[PDB]
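Notes follow the structure.
In order, the residues displayed for chain A correspond to 77-361 in the PDB entry numbering, which applies throughout. Quick note: numbers below take in every heavy atom, side chains included, and nothing from hydrogens, waters or symmetry partners. Just so you know, ligand 1 is whichever comes first in the structure, and atom 1 is the first atom listed for that ligand.
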Amino acid sequence: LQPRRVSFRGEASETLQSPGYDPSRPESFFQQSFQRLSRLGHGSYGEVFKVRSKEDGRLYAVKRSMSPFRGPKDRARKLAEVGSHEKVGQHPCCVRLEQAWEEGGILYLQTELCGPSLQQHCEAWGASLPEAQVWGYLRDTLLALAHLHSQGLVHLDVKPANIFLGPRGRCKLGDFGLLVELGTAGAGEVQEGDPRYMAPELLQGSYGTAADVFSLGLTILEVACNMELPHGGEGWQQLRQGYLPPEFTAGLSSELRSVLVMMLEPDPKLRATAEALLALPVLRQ
Ligand SMILES: CCOc1cc2ncc(C#N)c(Nc3ccc(F)c(Cl)c3)c2cc1NC(=O)/C=C/CN(C)C
């Protein structure tokens, strides 16, 4: 019946307005306050559109949930993505949240528009990315991670689909859907991540910032070696016992291989932190 702002900075959920938006007409705030340009992605969650605002003329991405809130928990769960994104705050290697609102039980998240995901970029090039690119992405994403970890946040979904290219070879970590704030158990908490990137200790319910380091580890491995990660089975196990698969790891320089072994350390207690990684010689200007 009317669009209401979703934020956790202030309590009072307030209604939106926009040039283009006259509440009289039947069309939603979305339909009416934006120029829908194309579909960036879609799935069980809902849809992401590339849009141009009719408020500022700028391009953004807007995620829209698929069906109206099923109940109070379903609402609180979806609304919590906004809380997660807000806890991150502004950082040059984190996707920026513009605003978010709800209307008719549907949640909308409006982010800045970035370049392609790392997943698309690798897919388009169809081969292992050059080592010089990898180091830049490895470094941007560690900076993002160290920003999160310093605040007791764990992304839990580090992977190429959630890393987005920016100008001149930089990138941004985004999509804080599964982000959790450590020390707080719930709720609901720890929705399940992609098993291809799962730190081994998560299997037995051991969660911590170390999980993200391991995920970025496989993420860098995948893009560096044009390698598909296994969902399960012996192959999944082989990546989680310390050593590296020697097949596609061939091209890696000594320095890259060295850093990946640090990140893929099975024991979270012994696994390098993002801070420690960033203080290694190979990873600072
Ligand atoms: C050319 C540029 O393409 C994209 C640019 C993006 N910029 C910012 C954000 C952000 N944030 C994106 N995703 C996104 C995540 C979660 C959110 F909640 C919100 Cl609002 C937005 C983006 C997604 C893009 N495109 C794709 O997702 C590509 C998918 C390929 N296929 C596997 C479907």
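According to the PDB, the drug at ligand 1 is pelitinib. Of the chains in this structure, the chief binding partner of pelitinib (ligand 1) is, as UniProt puts it, Membrane-associated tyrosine- and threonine-specific cdc2-inhibitory kinase. The shell of residues around pelitinib (ligand 1) (heavy atoms under 4.0 Å) is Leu116, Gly117, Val124, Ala137, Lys139, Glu157, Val171, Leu185, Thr187, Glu188, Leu189, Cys190, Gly191, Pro192, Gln195, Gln196, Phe240. Rounded to 1 Å, the minimal heavy-atom separation between pelitinib (ligand 1) and the UniProt active site of chain A occurs at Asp233, 9 Å. Some N or O of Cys190 is nearer than 3.5 Å to an N or O of pelitinib (ligand 1), by distance alone.
With ligand atoms numbered from 1 in the order given, pelitinib (ligand 1) contributes 10 (C), 11 (N) to contacts under 4.0 Å with heavy atoms of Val171. At a 3.5 angstrom cut-off on N or O pairs, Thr187 counts as close to pelitinib (ligand 1).
Counting only heavy atoms of the protein, atom 26 (C) of pelitinib (ligand 1) lies nearest to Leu116 O, 3.5 Å. Remark: atom 20 (Cl) of pelitinib (ligand 1) lies closer than 4.0 Å to at least one protein heavy atom.
In chain A, UniProt ATP-binding residues less than 4.0 Å from pelitinib (ligand 1) by heavy-atom distance: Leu116, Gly117, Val124, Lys139. Most residues of chain A touching pelitinib (ligand 1) map to the UniProt domain Protein kinase.
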